[PDB]
Student: 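To start, I am sharing the structure in question, which I have written as structure tokens.
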Amino acid sequence: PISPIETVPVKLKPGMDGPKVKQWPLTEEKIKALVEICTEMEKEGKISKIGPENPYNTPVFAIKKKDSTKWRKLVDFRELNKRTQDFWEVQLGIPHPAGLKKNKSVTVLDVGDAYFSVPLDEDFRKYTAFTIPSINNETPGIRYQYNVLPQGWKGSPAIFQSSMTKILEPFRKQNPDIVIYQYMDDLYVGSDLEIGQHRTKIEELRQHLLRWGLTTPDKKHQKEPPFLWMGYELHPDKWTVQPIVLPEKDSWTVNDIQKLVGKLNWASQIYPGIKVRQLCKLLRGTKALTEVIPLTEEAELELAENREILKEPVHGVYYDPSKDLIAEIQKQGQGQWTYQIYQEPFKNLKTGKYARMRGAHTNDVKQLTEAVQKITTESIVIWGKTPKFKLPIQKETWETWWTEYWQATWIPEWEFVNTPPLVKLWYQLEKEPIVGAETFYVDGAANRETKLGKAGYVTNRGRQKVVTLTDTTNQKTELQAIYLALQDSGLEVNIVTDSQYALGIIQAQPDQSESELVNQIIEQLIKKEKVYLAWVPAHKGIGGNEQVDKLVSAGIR
Amino acid sequence: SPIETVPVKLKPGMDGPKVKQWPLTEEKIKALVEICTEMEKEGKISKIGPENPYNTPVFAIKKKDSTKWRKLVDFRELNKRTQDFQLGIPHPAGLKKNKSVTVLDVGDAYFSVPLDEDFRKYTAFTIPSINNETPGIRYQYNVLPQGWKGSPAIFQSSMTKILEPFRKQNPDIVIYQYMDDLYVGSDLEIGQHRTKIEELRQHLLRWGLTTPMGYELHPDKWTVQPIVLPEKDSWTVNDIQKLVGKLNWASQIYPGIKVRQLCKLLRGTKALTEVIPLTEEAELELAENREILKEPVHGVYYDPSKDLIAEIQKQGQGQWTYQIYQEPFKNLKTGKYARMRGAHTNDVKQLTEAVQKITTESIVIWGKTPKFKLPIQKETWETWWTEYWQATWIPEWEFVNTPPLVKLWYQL
Ligand SMILES: CCc1nn(CCO)c(CC)c1Oc1cc(C#N)cc(C#N)c1
């Protein structure tokens, strides 16, 4: 059918007019197919013959699907699409199974010949003009135009969507306790009614839809659980990921590892513990797709650990709006975090992992906070509410960090859970200068042209040292200088730098870095018993800084 | 009750806003649906089709002394693409000098004036749904929308008529309109002041707008807090070094600053804890600088062609410092914010309070909101700001990593 729904007024982009793309001369066979295909469509009101007036045209083509000798009609709307107004956006997200509410009875109804059952604005049809060419550019071809939403046109997905929304509205009002999910041409229906009433409610729905030009499958034609939906396997009381097969292979290509990471990240939705970090590392620099990449000992271990996890089929439960959501997070390793969300202890609605920030100097407290934030966002999207957190960090550790950190931070309602490895700060800078501790005045310089540099210090105990560095930057020398002072100092130290850069890094109590150097410094800071770090403006009559600036600057301009 | 609509126009080349809707809680979605289905019945808004490619974000807030959900539309994009907002509202310089200023929400007035038919499209917004089960509920405005700077610009004519009697009766009272609010300042005793506000609400009442003893500001008692120089008997190298740094920095703002005498004390590689007696010379320089820091700042002047910028620092113990300038260091205003009894455990809560306070002051002083540099993670702010937000307006903001020194310079 063709829905009796009021049409959506459509228009071309402001300073633009309809397409006028000439018809390529087509094969005798392809021309025959188009004629019959179009005759059928015309008979169903999908298209209509047009006068010579209409100056618009869009190319037409014909292709046959194999294992069958049945032709298909392809229209190239690339041009019309460039000229068509921008529309809204069908949806801002895809439903996640974990968000699906528990309902005794569920039915899937797909809207049949979707796009073709919806009318197109009459004032716009003129722009959908296409021509079946005559055997060898004989004379005028048979000219048609669409009356319905053309397959592959810009506004079809959005217009169909709206039409369905308008159609479903009255039924929604009269049946507030029934869930209907609109997804493309599909339609999923859920209720807490016993079959009987539900099949009746379904039938009533279909009748309302049919009364509006939309065909659906009848009982015996409806799909049965499990439902294989957009990568998922849906059962009435549980869900999981579509059967994942980890390819047993000797020699892996970039493409193979890419697909592997993909399936793994995908499986991470329900399978807890999946680690992908070591595999991603191999995908650095890549340069090729068919190039084979040898697996590191670490990747082989990671892959093996993943296999074990995937050997045992895991399932997810559905959402109960009456119960609270609980999210638990655990540290898997170096910058690796996993979480799980449930309502009833250990009956997971969903799983996930977190492993961001490319080592831009961070600690476990910052990471945990980031993971909490990420989880919070997805919970709002999926369930419309934030979960209660179970964190492997002491309230004391948390308060100490937050109160003293420069950035405003805030975790929703959480509770400590003794699940090792626990999150903690590995070292802490002193609040005031240490009495009876050597004071190192450090500094570093680097020549912009030569990339050569010097790093060193001078103490109050009269000590001195100056190292020469190759292929360095000002930043690296400043950090080198601090590293030097930490190496030659012992348990208690006061360090005075002129680098806001280094002060910034160290103050944030990092425990991980992409910089081998910063790691040296961290490793060294952990060993100390007491460390005080102060800053002074450079190029001033400031005793100490004024002097290190000499030996470090000499020979390096 | 339609009238002759004011034809609105986007900037040449500029196109309507296409800003994504951020996920909202079920609680807020429920509230917005209830509010919107009611505004639709009243003809203020109407459903729209997919042929409307525009979108503006929407949220749900609750003002102070209010337990009823309110709709807050984030028109920041549309506002930037409008002006028009052409015929603006002049900012009175007398407002910042009043003994007291009262803020009154007059947003309910805008729903009387119909919006230009050809502009309506640009006011489109979406009510999202949980787990994207349902496609968003789409609407657009038929009347002047709250939050759009075009509404007060258009409503000026009617606002001046409403206020004419009250104005002639109290020609010493200053009335400033900014977005959905009215700023009313007088030098009257608090008693008369409040009495005059009550009278003003009656005038507004006669025009259908119930304008509810609102937030009371005292711009007189606003004094730019200095940079603060310590006051100790004995000083260490560390203290002088901490002082030299602080002054070295401040010297970039206040020209009259000197540091040569103090720096003379810091010579040789001494231990940080070593006590150092200050020379009588350094004593003067120090005292002399403190005097400079008491007074404003010579050279800085508000330039109406340039944007206002506000930086905030977390000081700890519920304390926050902030600075307003148009060009870095050239501080037009500096201040402080201390957590009010309740937020005893929330950084985001305190930061949103501080932002609103600073924004309010900017409106009073310059009649413009500053662009904020927020010491927080975007996603965190994005997730929580609406939880404690109570203003009808929304300033522009960006997220930054506070330079550790800056905290000290402004530390109190
Ligand atoms: C109300 C729709 C619905 N609820 N539940 C939870 C049952 O307790 C399920 C699992 C079977 C549904 O079915 C879908 C089937 C397909 C398919 N094919 C897709 C989606 C979605 N989203 C949902």
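Simply put, chain letters go A, B, ... down the sequence lines. For chain A, we keep the numbers from the PDB entry: what you see runs 1-557, in order. So for chain B, numbering is the PDB entry's, and the shown residues are 3-87, 91-217, 230-429, in order. The analysis underlying the following values was restricted to heavy atoms, covering all of them including side chains, and did not include hydrogens, waters or symmetry mates. Heads up, header says this was done by X-ray crystallography, 3.2 Å. In each ligand, atom 1 is the first atom listed, and ligand 1 is the first ligand listed.
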Student: Out of GW5638, UK-453061, PT2385, which is the molecule at ligand 1?
Tutor: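 Of GW5638, UK-453061, PT2385, it's UK-453061.
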Student: Which chain is the chief contact partner of UK-453061 (ligand 1) here, given by its name in the PDB entry?
Tutor: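 It is most in contact with HIV-1 reverse transcriptase.
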Student: Are any other chains within heavy-atom reach of UK-453061 (ligand 1) at under 4.0 Å, and if so which?
Tutor: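 Other chains under 4.0 Å (heavy atoms): A.
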Student: Can you check which residues touch UK-453061 (ligand 1) if I set the heavy-atom cut-off to 4.0 Å?
Tutor: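 Counting heavy atoms, the site comprises A:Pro95, A:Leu100, A:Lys101, A:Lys102, A:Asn103, A:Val106, A:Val108, A:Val179, A:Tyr181, A:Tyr188, A:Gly190, A:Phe227, A:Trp229, A:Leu234, A:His235, A:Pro236, A:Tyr318.
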Student: Which atom of which residue holds a covalent link to UK-453061 (ligand 1) as deposited?
Tutor: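 Covalent bond: none modeled.
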